[PDB]
**Q** 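Would you mind keeping the following structure in view while I ask a few things?
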Amino acid sequence: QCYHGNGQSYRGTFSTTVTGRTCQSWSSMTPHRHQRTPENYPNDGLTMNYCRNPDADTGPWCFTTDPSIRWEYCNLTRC
Ligand SMILES: NCCCCCC(=O)O
């Protein structure tokens, strides 16, 4: 349930936002269109809709399935 450092190395199966939203899959362009695809970042573990941090943010995050909300941090603690 926890990520180390900045979450850059996190490769867990959590997929829920802090708000309790569900993560959009990185390969998906819906509802939010973006460029952080497993296609463009083949080495950042952009697998299914798992919380990740391909941009060196401060914790694992994801795009959200809430059309209203583009992205949020995931509901995780820092180890
Ligand atoms: N760390 C969250 C980033 C928000 C924008 C991501 C993107 O639009 O590629």
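When a residue number appears, it is its place in the shown sequence, counting from 1. Order of appearance sets the numbers: ligands from 1, and atoms from 1 within every ligand. Hydrogens, waters and symmetry mates play no part in the numbers below; they use all other heavy atoms, side chains included.
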**Q** Say which drug appears at ligand 1.
**A** aminocaproic acid
**Q** Counting heavy-atom pairs within 4.5 Å, which chain has the most contacts with aminocaproic acid (ligand 1), and what does UniProt call it?
**A** Apolipoprotein(a)
**Q** What residues line the site of aminocaproic acid (ligand 1) at a non-hydrogen cut-off of 4.0 Å?
**A** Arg36, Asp55, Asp57, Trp61, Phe63, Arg70, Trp71
**Q** I'm looking at aminocaproic acid (ligand 1) in this structure - which UniProt domain of chain A has most of the contacts?
**A**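 Most sit in the UniProt domain Kringle 15.
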**Q** Could you tell me where the covalent bond from aminocaproic acid (ligand 1) goes, residue and atom please?
**A**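 The deposited model shows no covalent tie.
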**Q** Any N/O of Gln35 closer than 3.5 Å to an N/O of aminocaproic acid (ligand 1)?
**A** no
**Q** List every atom of aminocaproic acid (ligand 1) that sits less than 4.0 Å from any heavy atom of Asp57, numbering the atoms from 1 in the order shown and giving each element.
**A** 1 (N)
**Q** For aminocaproic acid (ligand 1), which is the ligand I care about here, please tell me if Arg70 has any N or O atom under 3.5 Å from one of the ligand's N or O atoms.
**A**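 Between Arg70 and aminocaproic acid (ligand 1), an N or O pair is found under 3.5 Å apart.
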**Q** Check this for me - aminocaproic acid (ligand 1), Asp55, N or O atoms closer than 3.5 angstrom, yes or no?
**A** yes
**Q** Among all protein heavy atoms, pick out the one at the shortest distance from atom 7 (C) of aminocaproic acid (ligand 1); state its residue, atom name and that distance to 0.1 Å.
**A** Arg36 NH2, 3.2 Å
